[PDB]
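The following structure: R-roscovitine with Cyclin-dependent kinase 2.
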Amino acid sequence: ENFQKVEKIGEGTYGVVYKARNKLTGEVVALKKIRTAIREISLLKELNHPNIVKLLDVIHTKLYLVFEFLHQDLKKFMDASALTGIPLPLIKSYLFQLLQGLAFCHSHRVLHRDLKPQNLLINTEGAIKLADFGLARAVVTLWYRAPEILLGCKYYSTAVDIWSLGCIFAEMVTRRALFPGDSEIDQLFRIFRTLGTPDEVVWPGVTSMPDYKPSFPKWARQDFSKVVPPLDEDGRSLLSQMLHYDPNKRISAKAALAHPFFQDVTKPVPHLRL
Ligand SMILES: CC[C@H](CO)Nc1nc(NCc2ccccc2)c2ncn(C(C)C)c2n1
Ligand SMILES: O=C(O)c1cc([N+](=O)[O-])ccc1NCCc1c[nH]c2ccccc12
C-alpha cells in the first residue's frame, strides 16, 4: 500500500473519503474510493482554479481519486458559527469565491449539479473551494436542487449550480436551510410556497415540463424581506436573481460577479478551530 489512511473523513455522494499520507512522499491528501468515464475524469487533472479542489491523480483497478486535502467543510463551519452567525464580509468573500469557481468550470462546460455546504471546503487562509463534483455519469439531500431538475428536465444547465449556490447563500445569512424538503414533491412544494407556484408568465414552458401537474397547488409568492430578513437590499437583489425560476433568466456566475453586492468585497480570514 502506497497510502497510510489517516482517518475516514466521511462519505461523499459517490464513495468513501479518507485522509491519507503518501508513505514515500509525506504528502497529506484526500482519497475518494468509488465503486469512458475514465477519459473525461482524467481531463479534470490539469484544469485548475484557486476555488476548485485540485484533483491530483486517478487510479483504476474500483476507482480512486486523489485530491488535495482541506481541513474543514462549510457545513461544519456554519454549525460552529450558528450562535453568532458568519460575519457578512466573510459570507460575501465566500460567495464571491464560489462564483469565481463556478464561472471557471461553467466556462469549460463542466457542471457540478450537487452543490451543498458539505462539499464546500475551507482553509485557514480564507479560501473556499468547490469539491465533490457530480461527474460520475458525466439518504440524498434535496435541499439545494433546482426546480427544473425536480420537474424532470433531462437537459438542465449550468443554471442548476447558481440555484444551489443561492440556497447556500441564504443559509449562511439566516442560519437555517432555505428549502429543507424530505421528498422530491415536498422539496418542490417548499420552493413553491416561498417563491410562488411558477406559471407561464414567469417561466414559459413550465407547464410542459415532464413532471409538471396542472393539479399543483397555486401558492402566492412571498417577499424576500421575509425570506432572508437580515440581508441588505444588494444581497436580496442578487439572491432574487440567483433563484429565478426560468433557468434562462437566472443570473450567470460571470454576471453575478459584477453585481453591486460585491463592490466592497474583501477576503477576511475565518476563525477555524481544527
Ligand atoms: C465532509 C464532506 C466532504 C464531502 O465532499 N468530505 C471532504 N472533506 C474534506 N475535508 C474536510 C474534513 C476534514 C477532516 C475530517 C472531516 C472533513 C476534504 N478534503 C479534500 N476532499 C476531497 C475528497 C474533495 C475532501 N472531502
Ligand atoms: O469533486 C469531486 O469529488 C469529483 C468527483 C468526480 N467523480 O465522482 O467522478 C470527478 C471529479 C471531481 N472533481 C474534479 C475537480 C476539478 C479539478 N479541476 C476541475 C476543473 C473543472 C471542473 C472541476 C475540476
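In order, the residues displayed for chain A correspond to 2-36, 47-72, 75-151, 163-298 in the PDB entry numbering, which applies throughout. Just so you know, ligand 1 is whichever comes first in the structure, and atom 1 is the first atom listed for that ligand. Heavy atoms only: backbone and side chains are in, while hydrogens, waters and symmetry mates are out.
- In this structure, every copy of R-roscovitine sits at ligand 1.
- The set of residues with a heavy atom less than 4.0 Å from R-roscovitine is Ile10, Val18, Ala31, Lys33, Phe80, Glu81, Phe82, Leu83, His84, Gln85, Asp86, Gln131, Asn132, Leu134, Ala144, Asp145.
- For atom 13 (C) of R-roscovitine, the closest non-hydrogen atom on the protein side is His84 O, 3.5 Å.
- For atom 15 (C) of R-roscovitine, the nearest protein heavy atom (residue, atom name, distance) is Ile10 CG2, 3.2 Å.
- In chain A, R-roscovitine lies within 4.0 Å of these UniProt Mg(2+)-binding residues, judged by heavy atoms: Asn132, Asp145.
- Of the protein's heavy atoms, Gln131 O, 3.3 Å lies nearest to atom 3 (C) of R-roscovitine.
- Protein heavy atom nearest atom 20 (C) of R-roscovitine, with residue, atom name and distance: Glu81 O, 3.1 Å.
- The shortest heavy-atom distance from R-roscovitine to a UniProt active-site residue of chain A, with that residue, is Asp127, 8 Å.
- Proximity of atom 6 (N) of R-roscovitine to the protein is not indicated, since no non-hydrogen protein atom lies closer than 4.0 angstrom.
- The distance from R-roscovitine to the heavy atoms of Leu83 drops below 4.0 Å at these ligand atoms: 9 (C), 10 (N), 11 (C), 13 (C), 19 (N), 20 (C).
- Here the protein heavy atom with the shortest distance to atom 1 (C) of R-roscovitine is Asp86 OD2, 3.1 Å.
- The ligand atoms of R-roscovitine that sit less than 4.0 angstrom from a heavy atom of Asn132 are 4 (C), 5 (O).
- A heavy atom under 4.0 Å from R-roscovitine is present in the following residues that UniProt lists as binding ATP in chain A: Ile10, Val18, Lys33, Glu81, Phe82, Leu83, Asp86, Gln131, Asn132, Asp145.
- Remark: R-roscovitine atoms within the under-4.0 Å shell around heavy atoms of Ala31 are 19 (N), 20 (C), 21 (N), 22 (C), 23 (C).
- With hydrogens left out, the protein atom closest to atom 25 (C) of R-roscovitine is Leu134 CD1, 3.5 Å, a heavy atom.
- Residue-ligand proximity, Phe80 to R-roscovitine, at heavy-atom distances under 4.0 Å covers atoms 22 (C), 23 (C).
- Residue counts put most contacts of chain A with R-roscovitine in the UniProt domain Protein kinase.
- Taking distance alone, with nitrogen or oxygen atoms compared against 3.5 Å, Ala144 stays at or beyond that limit from R-roscovitine.
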